[PDB]
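By convention here, the chains are lettered A, B, ... following the listed order of sequence lines. Residues 1-165, in that order, are what chain A shows, numbered as in the PDB entry. The residue numbers of chain B are those assigned by the PDB entry, with the residues present covering 1-11 sequentially. Heads up: weird residues get written as their parent (or X), and the extra bits don't count toward contacts.
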Amino acid sequence: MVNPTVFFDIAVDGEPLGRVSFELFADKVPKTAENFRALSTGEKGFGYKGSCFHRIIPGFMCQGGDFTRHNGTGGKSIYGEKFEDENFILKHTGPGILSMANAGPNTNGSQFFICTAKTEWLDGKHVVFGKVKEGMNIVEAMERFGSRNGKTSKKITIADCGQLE
Amino acid sequence: XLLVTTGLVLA
C-alpha cells in the first residue's frame, strides 16, 4: 500500500496563495485517514472545498474543516455525525502535524488542525493522522492572518482540494 | 489556553 496524498489550494480573500499537500497515515490510522481523504475529494457529496480556516493562532495552529456551520460548531464525518478516537500512536512532535479537533473523547467529525509548533499537551487527546508534505511555506503565510484569540484578519479558504496519490 | 475544541472553545 501507499499512503494517500491530498492537496488544498488556499486563497486569501479570494486571492490564490498556494498549494499545501499532505501525506495521510492510512497505514497507522486508516479510518481517520480515509475520512479526511474522502472529505478532500468530496466524493460523498460534501467536503472541504469552499470551506474556511475559522481559527488561526500564530505559533500554535490553523484550524478548519467546519463545512456546515463555518464557525467551529459543525462538520461531520463520512461515517455519520461523529466517530471514535482510533488510536493515539502518533504525537504532536513539531510543525506540520495534521490532527483532529474534537469536543472530548470519541467526538471526531470533520474539523482538523495543522500544527505550526510542537504541541505535546494535546498528545493522547487528539488523533494525529497526517503531515504537511509540501507547502509548509503556505501554512506559515496563513499564520500571519491569525491572532492571539484566533480571529483571522482575512478570509482564508480552501479554494480547491483533491487527491494526488 | 491553547485547546482545539469544536463548539465550546476554552481558555
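The chain with the most heavy-atom contacts to chain B in this structure is named in the PDB entry as peptidyl-prolyl CIS-trans isomerase A.
Present at chain B is the drug ciclosporin. Per-residue heavy-atom pair counts under 4.5 Å with chain A were compared for B:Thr6, B:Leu8, B:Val9, and the maximum is reached by B:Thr6.
Between chain B (ciclosporin) and the residues A:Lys125, A:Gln63, A:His126, the largest count of heavy-atom pairs under 4.5 Å involves A:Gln63. Proximity to chain B (ciclosporin) (any heavy atom under 4.5 Å) is shown, for A:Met100, by neither the backbone nor the side chain.
Most of the residues of chain A within contact distance of ciclosporin belong to the UniProt domain PPIase cyclophilin-type. Lab note: binding site of ciclosporin, heavy atoms under 4.5 Å, is A:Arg55, A:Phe60, A:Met61, A:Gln63, A:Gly72, A:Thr73, A:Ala101, A:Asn102, A:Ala103, A:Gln111, A:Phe113, A:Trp121, A:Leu122, A:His126. Residues of ciclosporin sitting within 4.5 Å of chain A, heavy atoms counted, are B:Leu2, B:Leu3, B:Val4, B:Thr5, B:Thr6, B:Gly7, B:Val9.
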